[PDB]
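Chain IDs: alphabetical, in sequence-line order. Chain A uses the PDB entry numbers throughout; the residues present, in order, are 304-550. Chain B is numbered as in the PDB entry, which gives 304-550 for the residues shown. Both ligands and their constituent atoms are indexed starting at 1 by order of listing.
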2 protein chains.
Amino acid sequence: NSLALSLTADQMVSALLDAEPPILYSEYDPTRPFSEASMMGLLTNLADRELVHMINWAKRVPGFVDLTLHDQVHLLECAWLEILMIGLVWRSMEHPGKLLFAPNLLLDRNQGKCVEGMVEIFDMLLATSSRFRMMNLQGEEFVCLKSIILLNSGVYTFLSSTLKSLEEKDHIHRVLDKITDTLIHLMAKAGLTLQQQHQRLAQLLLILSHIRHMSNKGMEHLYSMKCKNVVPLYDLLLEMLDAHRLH
Amino acid sequence: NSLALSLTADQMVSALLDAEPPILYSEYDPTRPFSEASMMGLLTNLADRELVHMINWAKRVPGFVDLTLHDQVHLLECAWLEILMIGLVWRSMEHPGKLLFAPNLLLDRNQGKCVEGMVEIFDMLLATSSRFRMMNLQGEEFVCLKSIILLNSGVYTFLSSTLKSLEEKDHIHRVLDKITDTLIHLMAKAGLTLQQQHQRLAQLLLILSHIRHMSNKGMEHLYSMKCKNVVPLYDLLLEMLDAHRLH
Ligand SMILES: C[C@]12CC[C@@H]3c4ccc(O)cc4CC[C@H]3[C@@H]1CC[C@@H]2O
Ligand SMILES: C[C@]12CC[C@@H]3c4ccc(O)cc4CC[C@H]3[C@@H]1CC[C@@H]2O
């Protein structure tokens, strides 16, 4: 029972709002064509650099510092790729058929093909990117999901199975609900019926499964581009990919 | 605008209830020890046989026959492994630390180790299996999720991108919401507050992401056991695994 558990909806929101990270750029080189390695670079490079903030952003979430330190690393490394992606989709909200990676690196399904196996995912992000537009997502709702991912993705599969374990699991859940009261609130504050409020909470959350899915698939891709000596040796990024210990 | 879109909550439910498939058994052979192939068999074998029903169950869902035929195959083959798993978890609800695969094949984390890479997942299902218990899930709620998976998992990533496409996407969504009105209803009918009704809808859905996740991981496992000439050549199962076209 700490901070988070008290904050009024708006409070919750502003916090979440003010806690956001900066929109990076990319030393994008439009001078030369992207190869199944050139872009990969730009991409993995952006990722790596974004992750530094994402970690700081992390601590800024409510109730997140209240978890054990290892657990946070656990949550943080279980949901990152999703966080990168939910960010991307939002970023690319406005410009359909395009993925505003960075205000400088704006790609379309085409460059997607430059890199292998890359295409699919891109479209997966694209569609999600649309489903958001078609829903008229809202910066407030976004930040809610963003954090929700951080808290869900990985909660069930923690690092423990003891008493402090069933406590943490219980905190994360308590925070989560608070986040819901908030979400459901930003909708009353928009004039939705009760029914609409339900239905929208669903609509949103459900997407998250698709994200979970994209995140899963993307990760497989990345691990394959690494087993191809194409991915720059990025300390941080490698660390997050390794946490998944996938094959 | 067909059937589904009308059915009263209960109507929706009973339908969903009556539409359920039978709980299979397994020609389980407790006579001899399971090897990283013996069990695999039992498992993949159960899977294959369950899938026959799951397909029939499918048609029994509302609004599902209203989709194009290819799309249904699409949805059905995009969410199956999840459907098997959400089934399993429910089945194993009552007996913690155990996974009631079939009323005859009841395993624990141990046998899980018999097969390789198998352990992890098992625990993932276990925890989910618990999270359900700790929530006192309800047969009514279950069938709702079950179908919800069928409808979500794969909707965004359909087979088209034309007009009839944006229609189907629009139907599936309309059905989904109806399912939500139902869920939210089975909770009023249980005496939950408004707040509780929100919070629970979340709690449930959110899990679905974990399922999405487990389903993703499991699939990778299965495809690896196949690349190990350990998996029996099961027509149906192979077909579903192939739809994912994973690497
Ligand atoms: C990890 C990948 C490279 C980095 C990409 C990125 C990089 C930065 C960012 O903010 C979002 C994303 C989303 C998709 C990611 C890709 C999915 C497949 C690819 O390997
Ligand atoms: C597909 C696997 C074998 C079949 C298993 C099954 C088989 C039948 C069923 O009703 C549920 C499940 C859930 C987990 C599945 C497993 C996940 C990994 C393994 O390869």
Ligand 1: pick from estradiol, diclofenac, gemfibrozil, alrestatin: estradiol
Main binding partner of estradiol (ligand 1) (name per UniProt): Estrogen receptor
Neighbouring chains of estradiol (ligand 1), heavy-atom cut-off 4.0 Å: A
Dominant UniProt domain of chain A around estradiol (ligand 1): NR LBD
Modeled covalent bond for estradiol (ligand 1): none
17beta-estradiol-binding residues (UniProt) of chain A within 4.0 Å of estradiol (ligand 1), heavy-atom distance: A/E353, A/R394, A/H524
Residues near estradiol (ligand 1), heavy-atom distance under 4.0 Å: A/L346, A/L349, A/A350, A/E353, A/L387, A/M388, A/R394, A/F404, A/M421, A/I424, A/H524, A/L525
